[PDB]
Amino acid sequence: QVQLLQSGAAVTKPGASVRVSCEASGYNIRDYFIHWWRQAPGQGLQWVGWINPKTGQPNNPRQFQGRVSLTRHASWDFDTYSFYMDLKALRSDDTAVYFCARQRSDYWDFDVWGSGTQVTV
Amino acid sequence: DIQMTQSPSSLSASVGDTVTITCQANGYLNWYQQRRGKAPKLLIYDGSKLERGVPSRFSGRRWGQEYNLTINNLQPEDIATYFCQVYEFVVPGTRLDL
Amino acid sequence: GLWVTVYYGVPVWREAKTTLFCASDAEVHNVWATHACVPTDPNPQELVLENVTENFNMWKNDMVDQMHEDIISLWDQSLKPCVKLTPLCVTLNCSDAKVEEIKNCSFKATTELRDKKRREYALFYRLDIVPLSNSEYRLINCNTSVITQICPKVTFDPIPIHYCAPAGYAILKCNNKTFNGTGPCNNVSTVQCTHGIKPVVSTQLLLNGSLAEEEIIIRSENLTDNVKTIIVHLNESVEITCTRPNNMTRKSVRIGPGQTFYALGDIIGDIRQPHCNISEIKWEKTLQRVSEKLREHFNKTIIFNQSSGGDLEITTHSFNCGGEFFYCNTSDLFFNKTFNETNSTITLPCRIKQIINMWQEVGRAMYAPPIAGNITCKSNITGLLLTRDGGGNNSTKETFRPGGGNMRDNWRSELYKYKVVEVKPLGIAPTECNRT
Amino acid sequence: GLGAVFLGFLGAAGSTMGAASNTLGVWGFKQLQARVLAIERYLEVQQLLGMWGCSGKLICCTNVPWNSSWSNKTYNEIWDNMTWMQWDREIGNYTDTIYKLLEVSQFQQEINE
Amino acid sequence: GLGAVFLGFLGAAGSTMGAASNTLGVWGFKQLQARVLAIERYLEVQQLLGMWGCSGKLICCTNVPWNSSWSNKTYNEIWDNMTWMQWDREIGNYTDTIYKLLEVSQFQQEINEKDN
Amino acid sequence: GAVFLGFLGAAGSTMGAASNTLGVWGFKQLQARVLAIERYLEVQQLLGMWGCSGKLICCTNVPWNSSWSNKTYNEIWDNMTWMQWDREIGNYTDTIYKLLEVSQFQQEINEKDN
Ligand SMILES: *[C@@H]1O[C@H](CO)[C@@H](O[C@@H]2O[C@H](CO)[C@@H](O[C@@H]3O[C@H](CO[C@H]4O[C@H](CO[C@H]5O[C@H](CO)[C@@H](O)[C@H](O)[C@@H]5O)[C@@H](O)[C@H](O[C@H]5O[C@H](CO)[C@@H](O)[C@H](O)[C@@H]5O)[C@@H]4O)[C@@H](O)[C@H](O[C@H]4O[C@H](CO)[C@@H](O)[C@H](O)[C@@H]4O)[C@@H]3O)[C@H](O)[C@H]2NC(C)=O)[C@H](O)[C@H]1NC(C)=O
Ligand SMILES: *[C@@H]1O[C@H](CO)[C@@H](O[C@@H]2O[C@H](CO)[C@@H](O[C@@H]3O[C@H](CO)[C@@H](O)[C@H](O[C@H]4O[C@H](CO)[C@@H](O)[C@H](O)[C@@H]4O)[C@@H]3O)[C@H](O)[C@H]2NC(C)=O)[C@H](O)[C@H]1NC(C)=O
Ligand SMILES: *[C@@H]1O[C@H](CO)[C@@H](O[C@@H]2O[C@H](CO)[C@@H](O)[C@H](O)[C@H]2NC(C)=O)[C@H](O)[C@H]1NC(C)=O
Ligand SMILES: *[C@@H]1O[C@H](CO)[C@@H](O[C@@H]2O[C@H](CO)[C@@H](O)[C@H](O)[C@H]2NC(C)=O)[C@H](O)[C@H]1NC(C)=O
Ligand SMILES: *[C@@H]1O[C@H](CO)[C@@H](O)[C@H](O)[C@H]1NC(C)=O
Ligand SMILES: *[C@@H]1O[C@H](CO)[C@@H](O)[C@H](O)[C@H]1NC(C)=O
Ligand SMILES: *[C@@H]1O[C@H](CO)[C@@H](O)[C@H](O)[C@H]1NC(C)=O
Ligand SMILES: *[C@@H]1O[C@H](CO)[C@@H](O)[C@H](O)[C@H]1NC(C)=O
Ligand SMILES: *[C@@H]1O[C@H](CO)[C@@H](O)[C@H](O)[C@H]1NC(C)=O
Ligand SMILES: *[C@@H]1O[C@H](CO)[C@@H](O)[C@H](O)[C@H]1NC(C)=O
Ligand SMILES: *[C@@H]1O[C@H](CO)[C@@H](O)[C@H](O)[C@H]1NC(C)=O
Ligand SMILES: *[C@@H]1O[C@H](CO)[C@@H](O)[C@H](O)[C@H]1NC(C)=O
Ligand SMILES: *[C@@H]1O[C@H](CO)[C@@H](O)[C@H](O)[C@H]1NC(C)=O
Ligand SMILES: *[C@@H]1O[C@H](CO)[C@@H](O)[C@H](O)[C@H]1NC(C)=O
Ligand SMILES: *[C@@H]1O[C@H](CO)[C@@H](O)[C@H](O)[C@H]1NC(C)=O
Ligand SMILES: *[C@@H]1O[C@H](CO)[C@@H](O)[C@H](O)[C@H]1NC(C)=O
Ligand SMILES: *[C@@H]1O[C@H](CO)[C@@H](O)[C@H](O)[C@H]1NC(C)=O
Ligand SMILES: *[C@@H]1O[C@H](CO)[C@@H](O)[C@H](O)[C@H]1NC(C)=O
Ligand SMILES: *[C@@H]1O[C@H](CO)[C@@H](O)[C@H](O)[C@H]1NC(C)=O
Ligand SMILES: *[C@@H]1O[C@H](CO)[C@@H](O)[C@H](O)[C@H]1NC(C)=O
Ligand SMILES: *[C@@H]1O[C@H](CO)[C@@H](O)[C@H](O)[C@H]1NC(C)=O
Ligand SMILES: *[C@@H]1O[C@H](CO)[C@@H](O)[C@H](O)[C@H]1NC(C)=O
Ligand SMILES: *[C@@H]1O[C@H](CO)[C@@H](O)[C@H](O)[C@H]1NC(C)=O
Ligand SMILES: *[C@@H]1O[C@H](CO)[C@@H](O)[C@H](O)[C@H]1NC(C)=O
Ligand SMILES: *[C@@H]1O[C@H](CO)[C@@H](O)[C@H](O)[C@H]1NC(C)=O
Ligand SMILES: *[C@@H]1O[C@H](CO)[C@@H](O)[C@H](O)[C@H]1NC(C)=O
Ligand SMILES: *[C@@H]1O[C@H](CO)[C@@H](O)[C@H](O)[C@H]1NC(C)=O
């Protein structure tokens, strides 16, 4: 029953902005963190940050610091929370696939993942 | 600080034999199963603890700073990328083509 | 002979859990209901054990968990009897205020006759309400919760309270001058009844707390992990005091039989933007000492930066001051504050919010009635809440940011040296005595 | 009832074995629950003591010897080297067994008369 | 306190007197009532014994003579053919009278040791 | 409960002569039961620690210093009742309780090594 929706793949010109949407509805969202990962071709996963559902406090590395902004927006009822991800400037090497994960039990283990969104530049 | 190492980076073994991969790091470690273009799947967490749903064939061993990953009784659909994941560092995985 | 024998009243204890009751020291109803709490002893016993060692992990302590549970229940109980502000949020037609800090506008409300209705004007802060779309607004929270006015009589000011164990149980506290949350401590004393623990509420800067001693104590569940917060504890407190110069007015608007609520009525005198003042030279040295203490735990240069973002609760410093709730920038203190290897102050402009989502559990909110006259409150900063960026294997930089990860960490600072435990006075020792 | 008597036992907890001998609302329901727990605790010690023949005695003496499996040590090491803390865990595994044989020892004394 | 020991007395209920010796919510408020009810019963038994001169002794004798009005049967028959239950039925009317006479005996006995 | 009322009998008689002779209902009652039971144990708690754990009249080995009182034995149990006794010593009852307590511990140790 636990699953995460994902937005469709989109392509934008350099210097534009892109929006990626992740939804969680099968559990108590407020009790678990959400993390974002990037999978560019030719190399392993790269961390992006996490957003606390209880309060939208992001935490990001310096590589994307100042550009990526993580925001949460609950539905009318406190279920089916939607997690977004916006970045201002896109470089020529930002082509990758962005995932949506979940943290639990004090361990950085991700039992639920999103389908991913493929974006070019 | 956190240190990561994946010495083999590539492993080709027959089907039905015993195969394993080597990852060295400090701190909590987890293993994931990544296919071609599909989301990674969690196999074992906390170094050796098993997950609900994954077959019992997958197993690992916690030894000091050395982490094993024992793979036995291979079946098709078990050939995909493996990588060890500490909190923030994830080095490229190793392939189990054949 | 080697004959068994039973000794009563022996020093044996084991980890145990129980419920602790409230106690208070020394006319008007209080939210904490300190009248119910039994009076404290004039001189609590502070017996100290001679030569014994014990270890405990405060992060697994349940004294803090129980404190959060009953404090939450106490606030709910106080709000049960007095009115709920559900009818107020209707289509509001607001344009501007003659005096966007404050907005003046009116609404249609019920009167003594239910069928009849009247138009009454009231003043609300801009952030209190939200726009429906032009010129129409509603209260920030009516499509996802129910707002309840806080009873005007009760006072929310914190008063020291004692979490005091029952009979047959003891509380162990050790006074190791430098000691973080986890690890053994060899100077442990048994105190039946705990000392003052003021239930202060804050998000970024801990205030009105006990000072450290001999060190700048730094505590966190795990330094390597980034999710967990880091709690600072300053041996030298920093005095922060500020007042809002504006003068308010009280107005009464009424919606049901015997039910009345208080809304901001009018502004007296010239409108002036409230702010807060902190010392320049004193605060800078405070962060320098903190930076030095953080360096040895990471072996990298320490840098500070403002909060990443989020709702107004965490991104701005918040506290209670004379019955008013503040949300202040506190950004000048953590902006470009990289550390190298007068009579000026720090101005921190900010404003006040009426509708507050405190105790961030889904279901309900609160409304703070206004009070005429200015408010003055002087507080001392003791400890900070920080969150490491955690940007991978950084070269030499470990930029830090403020922000309260969880509200429970407010009280963990003052409970880092405490542990409830049960004592068993029975034992079976070896002796040669044998009954006739 | 009074907790001061319980406190005094904790005094000299770290002292050696021999040295010890020589030397309507939230507030009101929790208080009631704690009070009921406090009174219940006291009778547990009294109930065990009463059935072992201990009637208001600080130190008792029974008529049951030791089993060799419990421990093999003499007086001097026990009473001048160890403390109540680590010593208790040595016999703690056999605490339940000793209780059963201690009650019957007092019961069989009463039937004799 | 513990009720397990109380049920222990009930063993061999049908055996003779001589043979017996030889051998916030409803869930939480009901529990509290049981705990308060249970603890009182334990002290009620102790309170009677404490003022009878017996301090928890399982078998305890006294010096009050047995009045023939209540009952007069040979000792062997009572403890060899009768059961503990039938004893209460016939004496149950006179238990209150027996209880009162015990109290004065202990009061008199202790006072005598003082005057001597 | 009736036993407590029994003590009040012959209150005015001299000490010597006396010896010779869910809702509102449900919670208030519950509080009384826990209050009454506690009071019974407070008296019993002190008695047990002093060595007399149920005797109607105890017998102790603590000397009567002249500090607290000074009067003949005859004029104690013949002219005044128990009520007046409390006022003359009521201020110092804490001192006697502590001094009498330590006597029981000292006696117990002397019995153990015997
Ligand atoms: C913050 O989070 C981090 C996680 O990122 C966390 O890190 C943990 O830190 C603790 C200690 O603080 C680590 O636990 C230590 O583990 C040591 C090594 O354990 C392994 O090796 C043991 C023996 O092998 C060693 O020695 C041989 C030579 O004999 C050598 O060849 C080996 O290479 C290796 O060096 C082995 O016994 C052990 O397995 C036992 O223990 C585990 C539990 O740890 C148990 O599950 C097993 O069943 C088995 O019983 C393991 O394989 C270990 O030596 C060390 O022990 C110290 O304390 C004991 C106390 O008696 C001493 O006797 C001993 O001499 C050592 O001084 C300790 O247990 C843990 O491994 C880290 N986590 C990870 C994932 O690595 C931090 O603690 C967190 N911080 C806070 C504040 O929370
Ligand atoms: C940290 O602690 C300090 C020290 O207590 C605290 O500052 C103090 O706050 C209290 C309010 O909580 C102030 O007391 C007020 O003083 C003014 C001026 O004298 C009074 O007018 C106020 O009266 C109100 O309360 C009365 C009783 O409830 C009502 O009858 C009356 O109508 C008013 O509503 C009130 O007594 C106190 O003056 C300050 N102390 C100083 C030195 O300014 C500070 O707020 C604490 N920090 C935090 C974050 O809480
Ligand atoms: C609080 O702790 C800090 C950090 O230990 C102390 O800062 C030291 O102050 C002395 C004063 O002479 C300096 O010599 C040191 O260089 C400072 N740093 C360190 C790391 O010691 C500060 O003095 C303490 N304040 C109090 C009141 O105890
Ligand atoms: C907080 O500090 C500011 C200074 O930044 C004070 O503002 C000054 O107030 C005096 C009052 O006579 C004026 O003469 C100055 O021109 C003001 N300067 C500025 C920059 O505003 C303010 O009064 C202080 N407030 C408190 C409560 O201490
Ligand atoms: C409530 O209405 C406001 C105003 O349109 C809107 O901003 C907010 O998202 C709504 N919340 C819910 C839970 O419907
Ligand atoms: C598996 O664990 C054993 C522990 O004895 C270790 O010697 C071995 O090297 C590990 N596997 C690999 C591939 O390193
Ligand atoms: C404990 O400390 C005391 C002095 O405080 C000393 O007399 C005693 O020998 C010590 N015991 C141990 C086991 O170190
Ligand atoms: C504080 O703890 C340390 C160990 O972390 C210890 O060495 C030191 O002696 C303790 N302080 C005192 C005053 O004993
Ligand atoms: C606390 O201090 C001890 C002293 O050695 C240290 O081992 C431990 O890692 C410290 N823990 C934290 C959270 O600072
Ligand atoms: C333990 O703390 C007390 C606090 O007053 C102090 O008097 C005592 O000297 C300390 N003992 C040690 C060994 O640090
Ligand atoms: C602030 O309140 C004080 C009360 O002591 C008063 O004297 C002063 O005039 C007030 N100032 C303003 C600007 O309202
Ligand atoms: C708000 O506007 C109404 C409009 O009639 C006016 O009567 C009222 O005085 C205004 N409020 C203030 C504080 O001036
Ligand atoms: C810590 O840094 C110093 C230099 O600043 C270096 O000499 C030392 O090796 C470092 N230690 C660790 C454990 O990285
Ligand atoms: C601090 O944050 C600001 C935000 O824009 C950024 O411009 C600046 O480079 C940061 N400084 C450091 C040292 O991280
Ligand atoms: C804090 O001040 C800075 C500049 O003074 C401003 O950019 C920032 O928006 C302020 N904080 C908030 C929450 O508006
Ligand atoms: C931060 O402030 C320092 C000190 O004035 C300055 O050198 C640096 O350029 C500033 N950085 C930014 C991003 O504003
Ligand atoms: C201003 O505020 C003070 C607060 O002490 C109050 O007494 C006074 O009535 C208010 N109005 C004026 C005009 O001072
Ligand atoms: C804050 O703590 C310091 C510590 O000595 C004290 O001097 C000061 O009075 C405190 N502040 C207030 C407002 O009481
Ligand atoms: C207690 O000691 C006496 C005297 O030596 C002895 O007769 C008696 O048997 C001992 N008790 C037991 C239970 O053996
Ligand atoms: C002593 O203990 C052993 C097992 O620990 C048991 O077999 C034996 O029967 C016991 N003997 C007595 C006398 O309790
Ligand atoms: C008590 O028995 C348990 C059974 O698993 C054992 O693990 C433990 O070591 C025993 N206690 C001692 C002191 O050996
Ligand atoms: C019940 O009666 C039978 C027949 O007399 C007897 O054998 C048995 O022991 C009795 N039961 C008990 C518990 O004494
Ligand atoms: C005791 O027995 C005598 C004679 O049998 C009788 O007169 C008297 O009433 C009896 N008293 C009681 C209390 O049974
Ligand atoms: C006890 O009194 C009841 C009262 O109804 C009576 O029926 C019964 O016969 C009496 N039994 C004895 C033994 O006096
Ligand atoms: C009451 O006082 C009268 C004299 O006034 C005396 O005869 C009688 O014995 C007294 N009664 C008691 C119970 O002291
Ligand atoms: C008796 O009381 C006097 C009065 O101070 C005191 O000096 C003396 O030591 C006391 N003696 C005893 C034995 O209590
Ligand atoms: C008892 O103490 C009170 C309070 O100190 C005092 O007023 C009274 O005179 C004292 N009585 C005697 C007899 O000392």
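In what follows, every chain begins at residue 1, and chains take the letters A, B, ... in the order their sequences are listed. Contacts are counted only within the shown part of the entry, which is not the complete deposit. Side chains are part of it too, since the values below use all heavy atoms of this structure and drop only hydrogens, waters and symmetry mates.
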Can you point out which of PGT121, CNTO 888, 3BNC117, SKY59 is the drug at chains A and B?
3BNC117
Name, as the PDB entry does, the macromolecule that 3BNC117 (chains A and B) contacts most in this entry.
Envelope glycoprotein gp120
Any idea which other chains have a non-hydrogen atom closer than 4.5 Å to 3BNC117 (chains A and B)?
C
Leading chain of 3BNC117 (chains A and B) (heavy-atom pairs, 4.5 Å, chain C):
chain A
Specify how the entry names chain B.
3BNC117 Light Chain
